[PDB]
Amino acid sequence: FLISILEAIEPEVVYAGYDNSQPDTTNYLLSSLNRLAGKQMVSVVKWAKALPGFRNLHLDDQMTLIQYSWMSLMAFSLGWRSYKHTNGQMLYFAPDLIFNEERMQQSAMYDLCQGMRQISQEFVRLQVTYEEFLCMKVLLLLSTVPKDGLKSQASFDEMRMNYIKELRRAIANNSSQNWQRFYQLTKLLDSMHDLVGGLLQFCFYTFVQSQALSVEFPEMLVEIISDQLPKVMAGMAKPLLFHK
Ligand SMILES: C[C@]12C=CC(=O)C=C1CC[C@@H]1[C@@H]2C(=O)C[C@@]2(C)[C@H]1CC[C@]2(O)/C(O)=C/O
């Protein structure tokens, strides 16, 4: 039933509003992706608020969690869309904005694009189910926390365990087989941290020199990155890993 709720609140597809009549310069591609991000952010917040248990957390905890994990959430969903739509061959940012080889090249971030595509390829290798995907996604929202703790730790800890339990539910044949599956899926979750570190680095860099580099960011994103950046730079956040 918790999973049925996840399927119900899963956001609808978000379009980039991209104009293919324009040249695909790095400036336009990145500004276009950031505009898409702003629209996705709206969907993400509405989603977080509908998650059983999220509301129970303090308002500052809800805000902190979203700002620390939005990049992981969007990159993870990107991996899923790319998996279901292109079997991991292209990056399906949006129905109207699919990144092929040419776009990855002109984006100036080919390496990050391949890092994101690798997530999609892991979905392929593991044949991740929609249910596993949904549970894993919630876990990402709950896997980057303040080193000094949350105001609703008890509630947070409770919520996290419930969703981890839900994941094992989605996973469940043989017990050892289920254990192996949990091992593999959580390895994928842990792998998001290093990827996101690279995504955020380029995000903060272009954000800081937005005007100079002509890379536009919507206000929906500017507000969040403005506050998040110093917190991350100061090293206030830590990951909640599943493996050594
Ligand atoms: C959020 C986003 C776009 C929506 C989406 O489905 C997935 C992502 C993940 C990668 C993000 C990307 C954009 O936001 C543009 C970013 C943020 C890129 C990481 C580097 C980036 O290309 C950047 O820094 C351009 O300025």
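Nothing fancy with the numbering, it's 1 onward along the sequence. Both ligands and their constituent atoms are indexed starting at 1 by order of listing.
The drug at ligand 1 is prednisone. Lab note: main contact partner of prednisone (name per the PDB entry) = AncCR.
Close approach of prednisone to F93 (heavy-atom distance below 4.0 Å) involves ligand atoms 5 (C), 6 (O), 7 (C). Heavy-atom separations between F217 and prednisone include at least one value shorter than 4.0 Å.
Compare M109, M71, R81 by their heavy atoms: the one nearest to atom 9 (C) of prednisone is in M71. With ligand atoms numbered from 1 in the order given, prednisone contributes 26 (O) to contacts under 4.0 Å with heavy atoms of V215.
Within the listing of prednisone, atoms 1 (C), 14 (O) sit less than 4.0 angstrom from a heavy atom of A37. In this comparison of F207, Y205, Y92, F202, the heavy atom closest to atom 23 (C) of prednisone sits on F202. For atom 10 (C) of prednisone, the closest non-hydrogen atom on the protein side is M116 SD, 3.7 Å. If you look at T206 next to prednisone, the close heavy atoms, those under 4.0 Å, all belong to the side chain.
Nearest protein neighbour of atom 15 (C) of prednisone, counting heavy atoms only, is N34 OD1, 3.3 Å. Source organism (PDB entry) for chain A: unidentified. Checked by distance only, prednisone and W70 stay at 3.5 Å or farther apart across all their nitrogen or oxygen atoms. The presence of a protein heavy atom under 4.0 Å from atom 3 (C) of prednisone is confirmed. Proximity of atom 13 (C) of prednisone to the protein is indicated by at least one non-hydrogen atom lying closer than 4.0 angstrom. Less than 4.0 angstrom separates some heavy atom of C203 from each of these atoms of prednisone: 24 (O).
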